[PDB]
Protein chains: 2
Amino acid sequence: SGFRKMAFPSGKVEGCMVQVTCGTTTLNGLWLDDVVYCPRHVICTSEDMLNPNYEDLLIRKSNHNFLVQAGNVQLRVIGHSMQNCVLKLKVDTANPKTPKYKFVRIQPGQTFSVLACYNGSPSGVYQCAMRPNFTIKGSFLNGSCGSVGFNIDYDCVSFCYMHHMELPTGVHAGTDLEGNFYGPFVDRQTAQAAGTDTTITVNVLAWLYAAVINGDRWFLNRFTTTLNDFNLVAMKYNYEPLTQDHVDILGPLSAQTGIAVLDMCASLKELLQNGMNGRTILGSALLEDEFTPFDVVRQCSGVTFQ
Amino acid sequence: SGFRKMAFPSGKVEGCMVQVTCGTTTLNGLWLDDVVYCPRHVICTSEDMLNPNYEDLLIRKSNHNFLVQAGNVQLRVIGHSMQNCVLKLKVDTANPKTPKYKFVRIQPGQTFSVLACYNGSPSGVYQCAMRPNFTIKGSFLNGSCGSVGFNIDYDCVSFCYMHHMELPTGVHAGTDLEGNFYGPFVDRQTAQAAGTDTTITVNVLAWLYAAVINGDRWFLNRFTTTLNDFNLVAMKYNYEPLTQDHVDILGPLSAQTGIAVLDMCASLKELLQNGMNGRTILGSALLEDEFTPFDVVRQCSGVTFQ
Ligand SMILES: CCOc1cc2ncc(C#N)c(Nc3ccc(F)c(Cl)c3)c2cc1NC(=O)/C=C/CN(C)C
Ligand SMILES: CCOc1cc2ncc(C#N)c(Nc3ccc(F)c(Cl)c3)c2cc1NC(=O)/C=C/CN(C)C
C-alpha cells in the first residue's frame with residue numbers, strides 16, 4: 001500500500017555520467033560505448049548564447065579542446081561531430097559500465113526519471129513528465145545541462161531527454177538523444193514562451209485508479225458520462241481531450257478495480273466542477289497528472305529492474 | 001530553478017541489495033562487507049506472525065536454511081545471529097560494491113530516500129520523512145520488506161531505515177540498521193495504531209523559503225509574529241511547536257532570502273488560518289513538510305555525491 005512519485009533506480013545511468021568542459025563552460029555528458037553525448041552549447045560563451053552560429057563556433061574547436069572526465073580519470077577525445085543540438089565526442093575507451101540502452105523520443109504525456117548532475121556528478125533523481133506544451137517541470141541549476149531523463153524496462157535504459165535550457169518562467173526545455181528539441185524551443189537565449197500547460201487527462205484517471213486501489217475512494221459517485229460529454233468539461237478546464245485510445249489504455253486498471261472508465265470519468269468531472277472541498281487524494285490536494293497508466297500498474301505490482 | 005521531491009542517486013545502494021529466502025518467505029537483504037542484514041520475520045510463516053517467539057523459531061534454523069542470492073550468484077552463509085529485530089547473516093565473501101557507510105538512527109522530522117526492492121531487485125526510489133508519530137508514508141508491497149532508507153553525504157551512505165511492517169491504515173513501520181523499531185511498533189501482526197500525524201513545522205518553513213527562492217511569493221505578507229504567538233496557532237492545526245533551535249537551523253535560508261524567520265512564520269500563520277484560496281505553492285495545493293532545511297539548501301545549491 002501507498003503510492004509515491006517514484007523514479008527508476010539511477011545506478012545504470014550514474015555510471016554513464018561524465019564532465020565535459022570546452023574552454024570556460026562545464027556541463028555534463030552521457031558516456032555510452034565510445035561516445036560522449038552533450039549539449040552543443042558547451043562551445044558557447046554566455047555572450048554567444050544570444051545569437052550563436054554553432055557551425056562557425058565549432059570550426060575553432062579541435063578534439064583536444066573538449067575535456068572529458070569520468071570521475072577522476074580523463075578520457076581521450078579522438079573525434080567530434082554535431083548532430084542537431086548535441087555533440088558526439090568519440091573517445092578511445094568504451095564505457096565499461098555501459099548498460100543495455102536505446103534512444104527514444106517520447107510523446108507528450110509520457111513520464112521519465114531525471115538524474116540531475118553537476119560537474120559529471122549525480123545530485124538527485126526525480127520523476128517528470130513531458131508536458132503537452134513540450135516543456136518539463138524539473139529542478140535544474142546552472143551546470144545541470146546534459147543531465148538526462150530515462151525509463152528502464154528490465155535491463156534496458158531508454159534515454160529520452162537531455163537538458164538544455166531554462167525558460168524565463170522557470171520551466172525546462174531539452175532534446176532527445178538525437179539532439180532534436182522537444183517542442184519549438186531553440187538553444188539560444190531569446191524570447192521563447194511556453195504554450196498552454198494542459199493537464200494530461202489519461203494520467204489523472206490512472207491516478208484516480210491508483211487512489212481507489214490504495215483505499216482513497218471518497219470521490220467515487222453514482223454517475224456516469226460519455227466521451228463527448230466528458231470532453232466538454234475537459235475543454236473548459238484545459239484538460240486534454242479523452243480518446244478511445246486512452247480508454248483502451250485504462251482497460252487493465254478498469255478490470256482490476258471493476259470501475260468502468262466512463263464511471264471514473266464522471267468522478268473526475270465532479271472533481272473538476274466542484275473541487276476537492278478541502279479533502280485529499282493520495283496525499284495531494286490537486287489532481288495529479290504525472291503518473292501514466294503504466295506507472296500505476298508498475299508501482300502497484302512491484303516490477304523490478306537490473 | 002524548479003523544486004522537486006528529489007531522492008539521492010541510488011546506485012551505491014543498488015549494489016548492496018540481495019534476496020533472502022528462509023523456507024517459504026522471500027524478502028530483501030542489505031549486503032555490506034561480509035554481513036547481510038534483513039528483517040528477522042523472514043523466519044516466520046504468515047501463521048507465525050500473529051504471536052511469534054523469534055528466539056524459539058530461530059532455534060530450528062541453521063546457516064544453510066538462509067538462501068542468499070546477489071543477482072544470479074548464491075552467497076555462502078557461514079553464521080547468523082539476531083540483533084533486536086534484524087538478522088545478521090555472515091557470508092564468506094565481502095560485497096565488492098560495499099560503499100563507505102554508516103548506520104544512523106534518525107530523528108522524527110528528518111528525511112531520507114527509500115530504494116523499494118522486490119526479490120533483491122530494485123523497483124524505484126522515492127523520498128520519505130520519519131513522521132512525528134514514527135511511521136513513514138511509503139510505497140511498499142508484499143516482498144518489499146528489507147528495503148532500506150538512506151542519506152548520502154559526498155561518498156558515504158548513512159543507512160537509517162529498514163522496512164518491516166504495514167499498519168492496517170496503510171502507513172509503514174520499520175527499524176534502524178541495529179534492528180530497533182522507530183516508535184512503539186513491533187514485528188507482529190497485532191492491533192497497533194499510529195498516533196497523531198503532526199506536521200513538521202520547521203520543514204514547512206524551509207519549503208516556503210524554497211518557494212520564495214523559486215519565485216512563488218504570493219503568500220508573503222506585511223505581518224510578523226513571535227514564537228509563542230505562532231505556537232498557539234501551530235497547536236490548533238496539529239503542527240509541531242517551533243523552538244529556537246528550529247529558528248537557528250533556518251538561519252541560512254533567512255540570510256539568503258532576507259526574510260526573517262518570524263516574518264515567514266507570520267506567512268505560515270495566515271496560510272493556516274486562511275488556507276490557500278485555490279492557489280498553489282511550488283505546484284502543491286497543501287503545505288509540504290517533507291523537505292528539511294538541509295534538503296532545501298542542498299537542492300537549491302547543486303550538491304553532488306559519488
Ligand atoms: C510485489 C509482489 O507482487 C505483486 C504485488 C501486487 N500487489 C498488488 C497488486 C494490486 N492491486 C498487484 N497487481 C496489480 C494488478 C493489476 C493492476 F491493475 C494493478 Cl494497479 C496492480 C500486484 C502484482 C504483483 N506482481 C505481479 O503482478 C507479477 C506478475 C508477473 N508475471 C508476468 C509473471
Ligand atoms: C549548481 C551550481 O552551483 C550552485 C548554484 C546555486 N544556485 C542557486 C543558489 C541559490 N539561491 C545557490 N546557493 C544557495 C545558497 C544559499 C541558500 F540558502 C540556498 Cl537555498 C542556495 C547555488 C549554489 C551553488 N553551489 C554552491 O553553493 C557551492 C559551494 C561549495 N563551497 C563549500 C566550496
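Numbers restart at 1 for each chain; the letters A, B, ... are given by sequence-line order, proteins then strands. The figures here come from the full heavy-atom set of this structure, side chains too, leaving out hydrogens, waters and symmetry mates. Header says: X-ray crystallography, 1.4 Å. Order of appearance sets the numbers: ligands from 1, and atoms from 1 within every ligand.
Lab note: of monepantel, darifenacin, pelitinib, ivabradine, drug at ligand 1 is pelitinib. Tallying contacts with pelitinib (ligand 1), the largest count belongs to the chain named in UniProt as 3C-like proteinase nsp5. Other chains, heavy atom under 4.0 Å from pelitinib (ligand 1): A, B. For atom 7 (N) of pelitinib (ligand 1), a protein non-hydrogen atom is found at a distance below 4.0 Å.
Residue A/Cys300 has at least one heavy-atom neighbour below 4.0 Å for each of these atoms of pelitinib (ligand 1): 6 (C), 7 (N), 8 (C), 9 (C), 10 (C), 12 (C), 13 (N), 19 (C), 20 (Cl), 21 (C), 22 (C).
Source organism of chain A, per the entry: Severe acute respiratory syndrome coronavirus 2. The part of A/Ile213 lying near pelitinib (ligand 1) is the side chain, judged by heavy-atom distances below 4.0 Å. For pelitinib (ligand 1), the main contacting UniProt domain of chain A is Peptidase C30. Counting atoms of pelitinib (ligand 1) from 1 in the listed order, those under 4.0 Å from a heavy atom of B/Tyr118 are 1 (C).
For atom 29 (C) of pelitinib (ligand 1), the protein comes within 4.0 Å by no heavy atom at all. Within a 4.0 Å radius of atom 33 (C) of pelitinib (ligand 1), the protein has no heavy atom.
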